[PDB]
Protein chains: 2
Amino acid sequence: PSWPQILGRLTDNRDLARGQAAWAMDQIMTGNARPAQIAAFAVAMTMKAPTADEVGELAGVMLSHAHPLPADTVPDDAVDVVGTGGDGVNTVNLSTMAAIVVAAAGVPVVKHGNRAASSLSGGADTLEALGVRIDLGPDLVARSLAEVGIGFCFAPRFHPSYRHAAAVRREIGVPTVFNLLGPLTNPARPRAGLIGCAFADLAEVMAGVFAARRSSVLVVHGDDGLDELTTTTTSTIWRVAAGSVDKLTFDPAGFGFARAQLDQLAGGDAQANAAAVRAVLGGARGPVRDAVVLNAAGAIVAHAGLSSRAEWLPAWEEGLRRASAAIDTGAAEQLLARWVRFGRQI
Amino acid sequence: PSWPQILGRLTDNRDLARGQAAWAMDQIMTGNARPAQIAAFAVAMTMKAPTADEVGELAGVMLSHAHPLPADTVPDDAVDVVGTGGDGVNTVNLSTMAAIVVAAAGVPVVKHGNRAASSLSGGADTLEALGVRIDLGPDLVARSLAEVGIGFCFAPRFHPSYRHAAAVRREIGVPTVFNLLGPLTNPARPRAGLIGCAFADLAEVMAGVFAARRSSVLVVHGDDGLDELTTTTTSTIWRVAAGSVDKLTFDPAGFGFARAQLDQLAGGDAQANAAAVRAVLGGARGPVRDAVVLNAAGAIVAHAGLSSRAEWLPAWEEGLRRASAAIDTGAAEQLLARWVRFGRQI
Ligand SMILES: O=P(O)(O)OC[C@H]1O[C@H](OP(=O)(O)OP(=O)(O)O)[C@H](O)[C@@H]1O
Ligand SMILES: O=P(O)(O)OC[C@H]1O[C@H](OP(=O)(O)OP(=O)(O)O)[C@H](O)[C@@H]1O
Ligand SMILES: O=C(O)c1ccccc1O
Ligand SMILES: O=C(O)c1ccccc1O
Ligand SMILES: [Mg+2]
Ligand SMILES: [Mg+2]
Ligand SMILES: [Mg+2]
Ligand SMILES: [Mg+2]
């Protein structure tokens, strides 16, 4: 294989042969690709329209190179809540808030995340401002998960060989297929997830990658453009269960949610977004809470799907009940406090 | 303007706004673009499908930055004979041989060229092997043109600010829109040419760029893949005259040319290809001579097109007669000897 061969095939608008995307990603991950080659590959793949097979190869290479968690430290039913980012709408950190609530409901959460790329504050930035340690290595993440019920895998700490690709992503500035890889490369490899996709025409490809792994996952795109389950309108959901993908339209009004305006979900810098986390966890009513509860419930539904006996509507009602109770009893607020203390106590 | 704006527009499969391609190329020509940005741009433009407006912007910027020839040193009727290269068929240097014969017939030739990229020996490599000075500056090319009837503009000598783009083209090694720019950026700006295009679906775009300049040009693509008029089969010609483009198919059998096999046109390293030039100019009959006479006649037809009185069949008959006579009288052989002497006597 070679760059001229692979890039030529993509510019001819042809799908790659089996193993070609993997070869490319591995060249990229070993410091063996020129920045120009990395860029051409990212752009060419994006414009051809990447297939699930191709994206799965990219993600697989990344997972091969990632720092893994220690054997037997990740519960079989661990869940992630994370999105591509890049929806362009500056919101509060919905996935991060949802993840805390989910953990507090008793679902183990190993969250993958990163700093902002185009937003004012990313999940990692907001966690840092809350006093949560985002610098933890494999062993300490495993301990966080066991002792607190949640662990945070900071993308740059677990994927050091992605350095070169990350740099090129920053330089070119446009979204590419690389923007899909974060949610697909959690180093703890959880089998369930609520996965947000900002790019409506690539969400089905992300869902195909999860289906290949037989994950129980909801890939979500709010019909307003959010990489989260939205409260402002319907959301498209690509449901992954039993190795197949199901596309459906989701309306939170069907569960009693009131239509919000995007303005109401608006965020700020790390300090502002941290304050919004404390506000929700302290029981504050309103649009932000509603959005947090809905997404927390979505992750609980994904967790439920790890069993083939899970039914859609009863799963959602249970998810909503559990998410609401985890906040209302103060369990979510206490969990955050316990998470902060854990990192301080080394 | 910005890289994210421009690259995003391209990845959304949209034509650029007027001036955006020019902004991009200017950034690239001023050393202000990262290699990743250069590559993303070249690739994204290629996969979107470039327009003549866009390619015309890129070439315009390059021509802005190029060393010009001194005022009033290029005859109004000078012609170029040059191709994109990249046909991936190792042939003798047909454009370069054609250019010598055309100059010997008395049509002023200011030829743009470069060393090999893909092939064993490019036009510049073969001229060097023949003893021709290939890297003369503006004043000396002007003198060569006046005194010998032909001048050669070496792309790296006249387009020094293209070095970063050139480097990226080499690194990524798949053709992009940049592969079109050589024949479109002759620094002497001759108004006529025989212009080869290896890429069947980009030839019409090249022709549109020349149309916008009101050049008299035949853009040619051999139906066997050659970026020259072939003798093995038909060629597609995009004829540019009076600011418009006419698509034609051309069959040299209509002018008495026997079919050749492509291996009959095969070349080798610069020494071999130099020997091939000497063989044709010394009156050797055979397939190489036929392909040379045909291409020289094409260039003479383009020159004739600078008049609105030019008629297609008479022009080809005159071109063929003039090209053959220039070889047979020994004028083409003598012009090469004189060109070699000129460079030695500077
Ligand atoms: O700056 P952007 O490109 O828009 O990305 C915003 C955030 O979205 C992703 O994380 P995640 O879903 O985990 O964070 P969230 O809590 O902000 O939803 C990404 O890692 C960023 O942290
Ligand atoms: O290595 P490649 O990418 O295939 O390019 C082969 C040659 O074709 C172009 O020139 P030109 O048309 O002047 O050369 P020619 O005499 O070989 O036809 C290009 O400048 C190279 O010199
Ligand atoms: O975004 C990443 O995952 C990353 C990884 C390694 C180095 C820098 C980075 O931004
Ligand atoms: O090929 C070119 O035009 C070129 C131009 C400047 C520097 C190096 C180069 O190869
Ligand atoms: Mg999110
Ligand atoms: Mg989001
Ligand atoms: Mg040529
Ligand atoms: Mg050629």
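Chain IDs: alphabetical, in sequence-line order. Using the numbering of the PDB entry, the residues shown for chain A are 25-370, in order. Using the PDB entry numbers, chain B covers 25-370, in order. Atoms within a ligand are numbered from 1 in the order they appear, just like the ligands themselves. No hydrogens, no waters, no symmetry mates; every other heavy atom, side chains included, goes into these values.
The molecule at ligand 3 is the drug salicylic acid. Per UniProt, the macromolecule in most contact with salicylic acid (ligand 3) is Anthranilate phosphoribosyltransferase.
Within the structure, the other chains placing a heavy atom under 4.0 Å from salicylic acid (ligand 3) are, by letter, A. Near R194(A), with a cut-off below 4.0 Å to any heavy atom, the atoms of salicylic acid (ligand 3) are 10 (O). Distances below 4.0 Å separate heavy atoms of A190(A) from the following atoms of salicylic acid (ligand 3): 4 (C), 8 (C), 9 (C), 10 (O). What the model shows is no covalent bond from salicylic acid (ligand 3) to a chain.
Within the set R187(A), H136(A), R139(A), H183(A), the minimum heavy-atom distance to atom 7 (C) of salicylic acid (ligand 3) is found for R187(A). For chain A, a heavy atom less than 4.0 Å from salicylic acid (ligand 3) occurs in the following UniProt 5-phospho-alpha-D-ribose 1-diphosphate-binding residues: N138(A). Every atom of salicylic acid (ligand 3) is numbered from 1 in the order shown, and the set under 4.0 Å from a heavy atom of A179(A) is 3 (O). The heavy atom nearest to atom 3 (O) of salicylic acid (ligand 3), out of those in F178(A), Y186(A), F202(A), is found in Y186(A).
At the top of the distance list for atom 1 (O) of salicylic acid (ligand 3), counting protein heavy atoms only, stands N138(A) ND2, 2.8 Å. With a non-hydrogen cut-off of 4.0 Å, the residues around salicylic acid (ligand 3) amount to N138(A), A179(A), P180(A), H183(A), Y186(A), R187(A), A190(A), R194(A).
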